[PDB]
Engineer: 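Please take a look at this structure featuring melatonin.
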Amino acid sequence: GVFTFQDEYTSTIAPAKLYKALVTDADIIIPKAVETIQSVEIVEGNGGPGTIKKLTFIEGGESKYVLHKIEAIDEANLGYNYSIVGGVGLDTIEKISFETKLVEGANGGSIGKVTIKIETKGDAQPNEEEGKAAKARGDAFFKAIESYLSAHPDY
Ligand SMILES: COc1ccc2[nH]cc(CCNC(C)=O)c2c1
Ligand SMILES: C/C(=C\CNc1ncnc2[nH]cnc12)CO
Ligand code: NA
């Protein structure tokens, strides 16, 4: 099966600055800003499409990681696409991909848009509890970056 989900975030912060924190300087900023993420490292690649990143985090008190493959990175248009290609545990989920953009919000602020595509085996459905947890993580993520940027404008 194929399933899509959308989310939206608003910030007072300007889109190019948010994008620099979220994407360009993600390897430095994300482990600083996000209290449940310890490190963000390049496993392979030069930063462009194909690059594999390893994000190490703590969940339920245990150290885990997830691998992201960069699929598209377009700073001109504040776009960033990636998919999840590995990590700890397992199972019904063949693939989960993300399309993200930042656009001009209010007045000079932003809106962050994320489309999530989930491919499953057969007529398996995406697990609702796991989706709720992921959504909550997304919200907390975007909030933590905003907070950190507010406290550190000229980094
Ligand atoms: C949570 O919401 C958003 C919204 C717009 C976005 N643009 C770029 C990203 C970051 C995507 N990187 C990771 C490691 O998740 C982003 C996230
Ligand atoms: C891009 C994001 C997180 C990276 N992945 C995770 N970050 C933190 N906890 C997790 N539990 C499962 N996956 C994760 C949003 O937190
Ligand atoms: Na951290």
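Throughout, residue positions are numbered sequentially from 1 according to the sequence presented. Reckoned from all heavy atoms, side chains included, excluding hydrogens, waters and symmetry mates. All ligand and atom numbering here is 1-based and tracks the order in the structure.
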Engineer: Can you tell me where to find melatonin in the structure, every copy?
Structural biologist: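 Look at ligand 1.
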Engineer: Of all chains near melatonin, which one has the greatest contact count, and what is it called in the PDB entry?
Structural biologist: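 With more contacts than any other chain, that's Class 10 plant pathogenesis-related protein.
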Engineer: In melatonin, which numbered atoms sit nearer than 4.0 Å to a non-hydrogen atom of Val114?
Structural biologist: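 So the answer, numbered in order with elements, is 2 (O), 3 (C), 4 (C).
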Engineer: Just to confirm my output: which protein heavy-atom neighbour is closest to atom 2 (O) of melatonin, and how far is it?
Structural biologist: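 Protein heavy atom at minimum distance: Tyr9 CE1, 3.0 Å.
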Engineer: Just which atoms of melatonin are under 4.0 Å from any heavy atom in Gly138?
Structural biologist: 1 (C)
Engineer: Is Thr100 in polar range of melatonin, meaning some N or O pair under 3.5 Å apart?
Structural biologist: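 Indeed, backbone or side chain, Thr100 has an N or O that close.
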Engineer: At less than 4.0 angstrom from any non-hydrogen atom of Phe141, what atoms of melatonin do you find?
Structural biologist: 1 (C)
